[PDB]
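Just so it is clear: chains get the letters A, B, ... in the order the sequence lines come, proteins before strands, and each one is counted from 1. When reading the values below, keep in mind they use all heavy atoms of this one structure, side chains included, and skip hydrogens, waters and symmetry mates. When the header is checked for method, it gives X-ray crystallography, 1.8 Å.
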Amino acid sequence: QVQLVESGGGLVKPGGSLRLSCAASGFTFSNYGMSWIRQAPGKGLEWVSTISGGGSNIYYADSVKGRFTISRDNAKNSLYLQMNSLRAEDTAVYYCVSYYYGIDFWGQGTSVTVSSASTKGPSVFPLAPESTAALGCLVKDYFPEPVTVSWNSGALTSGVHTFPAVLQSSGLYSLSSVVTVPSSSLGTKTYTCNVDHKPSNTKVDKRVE
Amino acid sequence: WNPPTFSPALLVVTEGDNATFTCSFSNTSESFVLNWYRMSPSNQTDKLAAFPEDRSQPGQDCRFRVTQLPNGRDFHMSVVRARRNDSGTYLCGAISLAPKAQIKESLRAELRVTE
Amino acid sequence: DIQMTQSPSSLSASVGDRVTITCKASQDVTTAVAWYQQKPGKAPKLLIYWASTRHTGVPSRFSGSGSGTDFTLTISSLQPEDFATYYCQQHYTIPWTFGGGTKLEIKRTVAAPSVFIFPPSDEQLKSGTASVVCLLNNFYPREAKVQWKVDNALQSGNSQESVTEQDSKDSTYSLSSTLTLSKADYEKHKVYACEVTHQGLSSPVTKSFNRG
C-alpha cells in the first residue's frame with residue numbers, strides 16, 4: 001500500500017530550528033506532488049507547503065514564507081521540511097501528505113512544540129468536598145504534554161473523566177481528573193489517583209480524602 | 001494553457017490488433033494529470049487510464065495503456081487487442097493541479113475496429 | 001487567498017438521519033472542492049474531490065455537490081462510524097485553504113449537569129497558589145455557562161475551562177472550570193461560588209463554600 005511516515009518532531013525553543021523528514025513507499029515517488037499540512041492543538045487544518053513531483057514547482061503559505069523550506073530527494077523517496085526561526089504558533093502536528101485531486105494520502109503526523117518552557121513534572125493535589133459525590137485530582141504545572149491518569153491502579157474506571165489539559169500563561173499545562181461515586185462510599189472506600197508523566201520520569205500516587 | 005490535442009481524428013484497426021492514439025499537451029509545469037476517456041452511449045465520459053495513474057485505483061484494465069514519449073509532450077494511448085465493441089468515441093483531457101486547477105478536453109476522435 | 005466558511009459549526013444527529021453540511025468560498029473556485037473526515041487522534045481521510053467525485057473506498061452514503069462558491073456534503077443515512085469532524089478544502093488555487101470544520105455529534109435527550117465545587121487543598125496553599133475547581137458532570141447539550149463569584153464579586157479573567165468529548169456510553173459532556181488565585185488573594189475572601197446555567201435546569205444552580 002501507499003505509506004507515508006514522518007519523523008523529526010520534538011520540542012524547540014522560540015527562534016530555534018527543526019528538520020522534519022518523511023519516507024514514502026508504494027508508488028513512484030517522482031510522479032506525485034507532496035505537501036505538508038499542519039494542525040495546531042484543538043484547531044483545524046492549515047496548508048504549509050507544496051512541492052511538485054520533479055521539485056520545480058514549490059509554494060509556501062505566507063505564515064511560513066522565509067522561515068520554512070520544503071525539499072525532496074527522489075532517489076531516497078524522501079520529503080523534508082526545514083523549519084527555521086520557529087514561533088509559538090508553529091506548534092502543531094505536521095502531516096506529510098501526497099496529493100492528486102485533493103489530498104489523497106496522509107501520514108499519521110509528527111508533533112512539534114515550540115515553547116520556552118522546560119520539562120517539569122506535575123504537582124498533584126486532591127479535589128475533595130445527594131446519593132452521588134465527586135472526587136478528583138488536580139494535575140498542575142507540568143510540561144510537556146502528555147500525562148496519564150488512572151484511579152485505584154485501574155480498578156476504578158466507571159464514572160472517570162480526565163479533562164483535556166489547558167495551557168497556562170506560564171507555559172505549563174494543567175488538567176483535572178474526576179470521578180463520581182456513591183455518597184455512602186466516601187467514608188468506607190479509599191480513592192487514589194495515579195499520575196504518570198514520562199517526559200519527567202514522574203509517577204505520583206495521591207490519596208484523595 | 002492550450003487544451004491537449006488527440007490524433008488521429010479517425011483510427012481504423014482490425015480486431016485483435018492494437019490501436020494507438022496520441023494525446024499531445026504542452027506542459028508549462030510538472031503539475032498535470034493526463035486522462036483518457038471513452039464516450040458512453042449516454043454521452044457520459046468514462047475514464048480508461050491516466051498518467052500519472054490514480055494510486056487509489058490499483059488493479060486496472062491492462063487493455064488500455066498510456067506511454068509517455070521522450071519529448072515529454074506526446075503520449076501514446078493504446079487499446080491492446082482491440083475488440084469490435086471498442087468502436088466508438090475517444091478523447092483525452094488535461095487537469096492542472098497547481099498553481100490553479102482546471103480541466104481542458106481535446107477534440108473527440110473515432111475508433112473503428114473492423115472484422 | 002480564498003477563504004472557506006463551513007456551517008454549521010456542529011450538528012447533532014441520530015443514526016439513520018440524512019445530514020447535509022455546507023461550505024462557502026469567498027470567491028469562485030469552480031468545482032475544485034474536496035471533503036475530509038477526521039476522528040480524534042487520527043489523520044484526515046479524503047471523501048470527495050472535484051466537488052462531487054466520491055473517492056475510492058468511501059461508502060456510497062457520502063456524496064457532494066455544488067459549484068462556484070456554494071458546496072455541500074451529504075450523508076444519506078448516518079451510521080455510528082460517521083460521527084466525526086468534517087473539513088472542506090478548495091483545491092482550486094494556491095494557497096490551498098480549508099474550512100474551519102463541522103463536528104457531527106450524537107443527539108440525545110437534554111440532561112442537566114450534576115455540579116460540584118472543590119476548595120484548594122492545604123498542600124497547594126502551602127505552595128503559594130490556590131486553585132478552586134467547579135465540575136459539571138454528565139450534561140447535554142454541550143452549551144453551558146459557568147460564572148465565578150467571590151464574596152459576590154463576579155470574576156473575569158482568572159479562570160479556564162476544559163470540556164470532554166461526548167461520552168462513549170451516555171453521549172453526555174463534562175466540564176471543569178478552574179479559578180486560580182494567589183494564596184494571599186485567596187485568603188482575602190470568604191465565600192467562593194460557581195453559578196451554573198444550563199438548558200436542563202429550571203434555574204441557575206450555585207455551589208459554594210466558606211473559606212473559614
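Short version: main partner of chains A and C, named per UniProt, is Programmed cell death protein 1.
Looking at chains A and C, one finds the drug HLX10.
Contacts between A:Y100 and chain B at a heavy-atom distance below 4.5 Å involve backbone atoms as well as side-chain atoms. Both the backbone and the side chain of A:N31 have a heavy atom closer than 4.5 Å to some heavy atom of chain B. Proximity to chain A (HLX10) involves both the backbone and the side chain of B:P99, based on heavy atoms less than 4.5 angstrom apart. Residue A:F105 touches chain B through its side chain alone, counting heavy-atom pairs closer than 4.5 Å. Across all chains of HLX10 (chains A and C), the one with the most heavy-atom pairs under 4.5 Å with chain B turns out to be chain A. No part of A:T50 comes within reach of chain B, as not one of its non-hydrogen atoms sits under 4.5 angstrom from that chain.
For HLX10 (chains A and C), the main contacting UniProt domain of chain B is Ig-like V-type. Listed by number, the residues on chain B with heavy atoms within 4.5 Å of HLX10 (chains A and C) are B:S29, B:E30, B:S31, B:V33, B:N35, B:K47, B:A50, B:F51, B:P52, B:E53, B:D54, B:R55, B:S56, B:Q57, B:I95, B:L97, B:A98, B:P99, B:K100, B:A101, B:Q102, B:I103. Taking heavy atoms under 4.5 Å, the paratope presented by HLX10 (chains A and C) to chain B is A:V2, A:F27, A:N31, A:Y32, A:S52, A:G53, A:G54, A:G55, A:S56, A:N57, A:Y59, A:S98, A:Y99, A:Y100, A:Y101, A:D104, A:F105, C:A32, C:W50, C:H55, C:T56, C:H91, C:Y92, C:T93, C:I94, C:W96. This PDB entry labels chain C with the name light chain of Fab fragment of HLX10.
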